[PDB]
Amino acid sequence: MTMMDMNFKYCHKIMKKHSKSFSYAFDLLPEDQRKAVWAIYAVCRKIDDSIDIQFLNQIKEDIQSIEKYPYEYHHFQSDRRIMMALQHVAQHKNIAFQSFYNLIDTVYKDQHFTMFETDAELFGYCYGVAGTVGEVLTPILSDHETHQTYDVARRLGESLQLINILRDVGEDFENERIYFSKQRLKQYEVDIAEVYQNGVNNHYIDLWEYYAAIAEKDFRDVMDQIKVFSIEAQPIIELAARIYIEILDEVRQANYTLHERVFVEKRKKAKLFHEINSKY
Ligand SMILES: CC(C)=CCC/C(C)=C/CNCCN[C@H]1[C@@H]2C[C@H]3C[C@@H](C2)C[C@@H]1C3
């Protein structure tokens, strides 16, 4: 195990600790591509957590060091192991650094969190925080990147974020956050705090299912265009997607509770993989 291998293994650990789903799916990639993914993930994770600001500027500065001096040795201010891995990746693939900066800008913003007036700002947030992740991963998951590849990855990520939001309504409220748009909360006649006190009702379902139908529709457009990705990645991406979709059912299964996080059992993930793995 070379030093660089240790670095990637740190990145691996960060990823299976914090997101079982993507980990389960992406680890199935060929050695070289999964390592790149581990590394992009860990950099993203670390951006997400820089909250609990000084450390976020340090991450941004490290990323810029790499962008403009890929082959020079840096003394990273943030996480050496993560940045060493990221720099190794960038030496071999065309990383969209602007997407990292988009992601970071979006995270700065969260500490001024103001509810979204309209779905459009909700969608722009889904871009900044997840669509950007899709863009960064594109060169890993396809041989010849075209605007179409980026577009599909962008849409997949935004759709996954949306599911994430659909799943964490409860937890998110507690942390003083709501991602449903004022526009759409007025329209559907819905007060989060109220439902978080008195359980669900027909108006909440409707609002929730309204957003769910959106995620689900982006999902299919993505599956329809799965072909933009490399052959080895298509089944993995689809598996990753199908798992996050299945979380939609889980939430209905638990009658949309806002007091517990639902999840897809590892065993069910393998079932989906088989379903998918069968015809590939
Ligand atoms: C794998 C592909 C194509 C996309 C994955 C994209 C997915 C689902 C990202 C999860 N996105 C969380 C980003 N972090 C956000 C940031 C604002 C706020 C506070 C922090 C910082 C934690 C959360 C909520």
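Residue numbering for chain A follows the PDB entry, covering 1-52, 57-284 in order. How was it done? The header gives X-ray crystallography, 2.5 Å. The figures here come from the full heavy-atom set of this structure, side chains too, leaving out hydrogens, waters and symmetry mates. Whatever order the structure lists ligands and atoms in, that order sets their numbers, starting from 1.
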Drug identity at ligand 1: SQ109
Would you mind finding the main macromolecule in contact with SQ109 and telling me what it's called in the PDB entry? Dehydrosqualene synthase
4.0 Å heavy-atom contacts with SQ109: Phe22, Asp48, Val111, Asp114, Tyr129, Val133, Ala134, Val137, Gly138, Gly161, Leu164, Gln165
Quick check on contacts: which atoms of SQ109 are under 4.0 angstrom from a heavy atom of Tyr129? 17 (C), 18 (C), 24 (C)
Shared residues: UniProt (2E,6E)-farnesyl diphosphate site in chain A vs. heavy atoms under 4.0 Å from SQ109: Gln165
Ligand-side contact atoms (SQ109) for residue partner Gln165, heavy atom cut-off under 4.0 Å: 7 (C), 9 (C), 10 (C), 11 (N), 12 (C)
Do me a favour and list the nearest non-hydrogen protein atom to atom 22 (C) of SQ109 with residue, atom name and distance? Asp48 OD2, 3.8 Å
Numbering as shown, the atoms of SQ109 that approach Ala134 to under 4.0 Å (heavy-atom distance): 6 (C), 7 (C)
Which SQ109 atoms does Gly161 reach within 4.0 Å, using its non-hydrogen atoms? 3 (C), 4 (C)
UniProt Mg(2+)-binding residues of chain A with a heavy atom under 4.0 Å from SQ109: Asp48
